[PDB]
Peer 1: 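Can you read through this structure? Questions will come right after.
Positions are given from 1 along the sequence. Below, each value reflects all heavy atoms present in this structure, side chains not excepted, and no hydrogens, waters or symmetry copies. Order of listing sets the numbers, starting from 1, for every ligand and every atom in it.
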Amino acid sequence: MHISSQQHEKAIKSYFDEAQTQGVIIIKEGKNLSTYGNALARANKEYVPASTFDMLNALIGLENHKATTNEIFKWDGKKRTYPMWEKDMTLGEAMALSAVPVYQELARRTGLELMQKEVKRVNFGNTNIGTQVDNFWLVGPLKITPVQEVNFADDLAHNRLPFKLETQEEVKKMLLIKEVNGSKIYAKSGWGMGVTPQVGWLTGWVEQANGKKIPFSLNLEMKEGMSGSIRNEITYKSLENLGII
Ligand SMILES: *C(=O)[C@@H]([C@@H]1NC(C(=O)O)=C(S[C@@H]2CN[C@H](C(=O)N(C)C)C2)[C@@H]1C)[C@@H](C)O
């Protein structure tokens, strides 16, 4: 409580400065939105959601019975970009591994028509998915702002999205990435590689010991030959600098 806001700002900026990237982390305490980082103006610019869209993809899928919690999506046995994707998995493992081929399977089962209306219903980002049901979150035209992303995380953390409570829980249980100091961090990472320049995301929330939920959204530029870890390390440093974890 004794650290100056000036100091918080400078430390969080330096986290981004030390990664030699440009980015912003938005944090929501209650209804108050706070913007940090070394590139504050990214806050209301639009980027592709990339794998962040998996969270909505899973909500849509599960709500409309295109899959279940336990269903095993079989690997077709073709080569994948990463060897860890060359196995059979649930939605939940696909979420942790960011296995897009699974989420494309789920997008295909949902179908363009049902995807468009469901993404209009949820009012996610710019809400346009175009005509290609299997890559619209990767190369456009679906885009969203860091502010919009943290508000979606807030919505999801609090069960406010227009989906069943069981659906929202099922997807939330897939999102645990770290336990720290009796705080749980639930989030989804994102690395849009099919856009110039590349966008990195880590969107989610901290659930504190006491019970309050603190949504955040990190968003930065990835320069190829940069580690995906940086998204986590910057987020964790920021949340700890602000005493959120
Ligand atoms: C989603 O944005 C894309 C995938 N998302 C991520 C990510 O968010 O980190 C990756 S990276 C992939 C997942 N874990 C692998 C890894 O770190 N090891 C090989 C150990 C790499 C994808 C680019 C999705 C749309 O492709």
Peer 1: Hey, what drug is sitting at ligand 1?
Peer 2: meropenem (bound form)
Peer 1: Which chain forms the largest contact interface with meropenem (bound form) when counted as heavy-atom pairs under 4.5 Å, and how does the PDB entry name it?
Peer 2: Beta-lactamase
Peer 1: Please check whether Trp85 reaches meropenem (bound form) - meaning an N/O of the residue sits under 3.5 Å from an N/O of the ligand, judged on distance alone.
Peer 2: no
Peer 1: Under 3.5 Å between any N/O of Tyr82 and any N/O of meropenem (bound form): does that happen in this structure?
Peer 2: no
Peer 1: What residue and atom sit at the other end of any covalent bond from meropenem (bound form)?
Peer 2: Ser51 OG
Peer 1: Is the shortest N/O to N/O distance between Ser98 and meropenem (bound form) below 3.5 Å?
Peer 2: yes
Peer 1: Quick one: nearest non-hydrogen protein atom to atom 9 (O) of meropenem (bound form), plus distance?
Peer 2: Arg231 NH2, 2.7 Å
Peer 1: Can you name the atoms of meropenem (bound form), numbered from 1 with element, that are less than 4.0 Å from a heavy atom of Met193?
Peer 2: 23 (C)
Peer 1: Which is it for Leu97 and meropenem (bound form) at heavy atoms under 4.0 Å: side chain, backbone, both or neither?
Peer 2: backbone
Peer 1: Tell me, which protein residue and heavy-atom name are nearest atom 12 (C) of meropenem (bound form), and how many Å apart are they?
Peer 2: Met84 CE, 3.9 Å
Peer 1: Strictly inside 4.0 angstrom of atom 17 (O) of meropenem (bound form), do you find any protein heavy atom?
Peer 2: no
Peer 1: Give the atom numbers and elements of meropenem (bound form) that come within less than 4.0 Å of a heavy atom of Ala50.
Peer 2: 2 (O)
Peer 1: Could you tell me whether some N/O pair between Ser189 and meropenem (bound form) is separated by less than 3.5 angstrom?
Peer 2: yes
Peer 1: Any protein heavy-atom neighbour for atom 20 (C) of meropenem (bound form) (distance below 4.0 angstrom)?
Peer 2: no
Peer 1: When only distance counts, is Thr52 in polar contact with meropenem (bound form), meaning an N/O pair under 3.5 Å?
Peer 2: no
Peer 1: For atom 24 (C) of meropenem (bound form), what is the closest protein heavy atom, and at what distance to 0.1 Å?
Peer 2: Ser51 OG, 3.0 Å
Peer 1: For meropenem (bound form), is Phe53 a contact, meaning one of its heavy atoms is under 4.0 Å away?
Peer 2: no
Peer 1: Return only the organism name the entry records for chain A.
Peer 2: Acinetobacter baumannii
Peer 1: Identify, by atom number and element, the atoms of meropenem (bound form) in contact range of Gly190, meaning under 4.0 Å from any of its heavy atoms.
Peer 2: 2 (O), 8 (O)
Peer 1: Show which atoms of meropenem (bound form) fall inside a sub-4.0 Å distance from at least one heavy-atom site of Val100.
Peer 2: 24 (C), 25 (C), 26 (O)
Peer 1: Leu138 heavy atoms, cut-off 4.0 Å: which meropenem (bound form) atoms fall inside?
Peer 2: 25 (C)
Peer 1: Which other-chain residues or nucleotides lie under 4.0 Å from meropenem (bound form), by heavy-atom distance only?
Peer 2: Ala50, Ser51, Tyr82, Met84, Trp85, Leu97, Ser98, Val100, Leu138, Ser189, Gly190, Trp191, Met193, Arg231
Peer 1: Quick one: table the atom pairs, meropenem (bound form) N or O against protein N or O, below 3.5 Å, distance rounded to 0.1 Å.
Peer 2:
{"unit_1": "meropenem (bound form)", "atom_1": "2 (O)", "unit_2": "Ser51", "atom_2": "N", "d": "2.8"}
{"unit_1": "meropenem (bound form)", "atom_1": "2 (O)", "unit_2": "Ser51", "atom_2": "OG", "d": "2.3"}
{"unit_1": "meropenem (bound form)", "atom_1": "2 (O)", "unit_2": "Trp191", "atom_2": "N", "d": "2.8"}
{"unit_1": "meropenem (bound form)", "atom_1": "2 (O)", "unit_2": "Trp191", "atom_2": "O", "d": "3.4"}
{"unit_1": "meropenem (bound form)", "atom_1": "5 (N)", "unit_2": "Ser51", "atom_2": "OG", "d": "3.3"}
{"unit_1": "meropenem (bound form)", "atom_1": "5 (N)", "unit_2": "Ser98", "atom_2": "OG", "d": "3.1"}
{"unit_1": "meropenem (bound form)", "atom_1": "8 (O)", "unit_2": "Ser189", "atom_2": "OG", "d": "2.8"}
{"unit_1": "meropenem (bound form)", "atom_1": "8 (O)", "unit_2": "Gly190", "atom_2": "N", "d": "3.3"}
{"unit_1": "meropenem (bound form)", "atom_1": "8 (O)", "unit_2": "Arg231", "atom_2": "NH1", "d": "3.1"}
{"unit_1": "meropenem (bound form)", "atom_1": "9 (O)", "unit_2": "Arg231", "atom_2": "NH1", "d": "3.4"}
{"unit_1": "meropenem (bound form)", "atom_1": "9 (O)", "unit_2": "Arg231", "atom_2": "NH2", "d": "2.7"}

